[PDB]
A.B. asks: 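I'm staring at methotrexate bound to Dihydrofolate reductase and have questions.
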Amino acid sequence: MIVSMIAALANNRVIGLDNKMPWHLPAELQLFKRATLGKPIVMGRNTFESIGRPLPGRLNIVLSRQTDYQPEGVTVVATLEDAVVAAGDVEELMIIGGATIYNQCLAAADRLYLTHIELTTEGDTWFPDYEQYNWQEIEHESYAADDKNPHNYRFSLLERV
Ligand SMILES: NC(=O)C1=CN([C@@H]2O[C@H](COP(=O)(O)OP(=O)(O)OC[C@H]3O[C@@H](n4cnc5c(N)ncnc54)[C@H](OP(=O)(O)O)[C@@H]3O)[C@@H](O)[C@H]2O)C=CC1
Ligand SMILES: CN(Cc1cnc2nc(N)nc(N)c2n1)c1ccc(C(=O)N[C@@H](CCC(=O)O)C(=O)O)cc1
């Protein structure tokens, strides 16, 4: 099983503000969907609340230590190890956030699916400093701003070296 993390970063690795993402960029969610459909997705409790529903076409695994926390349509696990057990023998597990989960799983990640957005915005959550490790890019895509998406963004799939 490949352990992958997927995130969208504005400048200075900002990923979140006030439990939402501080930009309007609907097409980027389509990128997220293409990259995660058919795979188990593992997330922290705040990220689940931010999404607001189980996502279709994916096994939704949510981390919480709250013993009575049990949203419909997701599997709640109390440890990372248990998340990995729920994911089963699949090709690739996708960690979809948020900061605390990214922090705990970075050292173990085989791939990062990063979208970089050309935007300086204030944050209260940041992606980890992945650049402390070595990576090679194995896929990439560029997306210039258009009438529905006001910022340039690009995709980079990194593999740990
Ligand atoms: N730009 C992007 O790509 C993304 C941005 N985001 C943003 O990230 C932010 C959310 O990140 P953050 O606040 O760090 O929260 P998370 O989504 O990482 O949720 C953290 C919660 O998960 C639970 N938890 C964490 N680690 C463990 C563990 N090892 N075992 C069991 N439970 C655990 C705890 O919940 P409990 O207290 O219930 O135990 C904890 O408070 C939001 O602003 C969101 O919009 C999120 C995803 C993608
Ligand atoms: C807040 N959030 C988390 C989120 C958003 N963008 C990301 N973007 C990247 N690149 N990586 C992430 N981990 C990521 N996570 C959300 C919110 C909504 C939907 C959502 O409704 N997505 C639909 C597609 C969009 C839609 O249905 O309107 C899907 O099927 O994946 C997903 C993630």
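Here chain A follows the PDB entry, giving residues 1-161 in order. Atoms within a ligand are numbered from 1 in the order they appear, just like the ligands themselves. All values below were derived from every heavy atom in this structure, side-chain atoms included, with hydrogens, water molecules and symmetry-related copies excluded. If you're wondering, the header gives X-ray crystallography, 1.7 Å.
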A.B. asks: Name every ligand number or chain letter assigned to methotrexate.
C.D. replies: ligand 2
A.B. asks: Determine, using heavy atoms of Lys20 and all atoms of methotrexate (ligand 2), whether some pair is separated by less than 4.0 Å.
C.D. replies: no
A.B. asks: Going by heavy atoms, is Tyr102 under 4.0 Å from methotrexate (ligand 2)?
C.D. replies: yes
A.B. asks: Can you find a protein heavy atom under 4.0 Å from atom 21 (O) of methotrexate (ligand 2)?
C.D. replies: yes
A.B. asks: Checking the N or O distance criterion of under 3.5 Å, is methotrexate (ligand 2) in contact with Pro56?
C.D. replies: no
A.B. asks: Hey, does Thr36 come in under 3.5 Å of methotrexate (ligand 2), counting only N/O atoms on both sides?
C.D. replies: no
A.B. asks: Would you mind checking which non-hydrogen protein atom is closest to atom 2 (N) of methotrexate (ligand 2), with the distance to 0.1 Å?
C.D. replies: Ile51 CG1, 3.5 Å
A.B. asks: Starting from atom 31 (O) of methotrexate (ligand 2), what is the nearest protein heavy atom, named by residue and atom, and what distance separates them?
C.D. replies: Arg58 NH1, 2.8 Å
A.B. asks: To which protein heavy atom is atom 4 (C) of methotrexate (ligand 2) closest, and what is the distance rounded to 0.1 Å?
C.D. replies: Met21 SD, 3.8 Å
A.B. asks: Which residue holds the protein heavy atom closest to atom 27 (O) of methotrexate (ligand 2), what is that atom called, and what is the gap in Å?
C.D. replies: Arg53 NH2, 3.1 Å
A.B. asks: Assess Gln30 for proximity to methotrexate (ligand 2): is some non-hydrogen atom of it under 4.0 Å away?
C.D. replies: yes
A.B. asks: In the protein, which heavy atom is nearest to atom 10 (N) of methotrexate (ligand 2), and how far is it?
C.D. replies: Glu28 OE2, 2.7 Å
A.B. asks: Looking only at protein heavy atoms, identify the closest one to atom 32 (C) of methotrexate (ligand 2) and say how far it is in Å.
C.D. replies: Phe32 CE2, 3.7 Å
A.B. asks: Can you find an N or O of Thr47 that's nearer than 3.5 Å to an N or O of methotrexate (ligand 2)?
C.D. replies: no
A.B. asks: In this structure, which residues build the binding site of methotrexate (ligand 2) when a heavy-atom cut-off of 4.0 Å is applied?
C.D. replies: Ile6, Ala7, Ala8, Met21, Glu28, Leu29, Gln30, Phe32, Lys33, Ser50, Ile51, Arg53, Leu55, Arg58, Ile96, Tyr102, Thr115
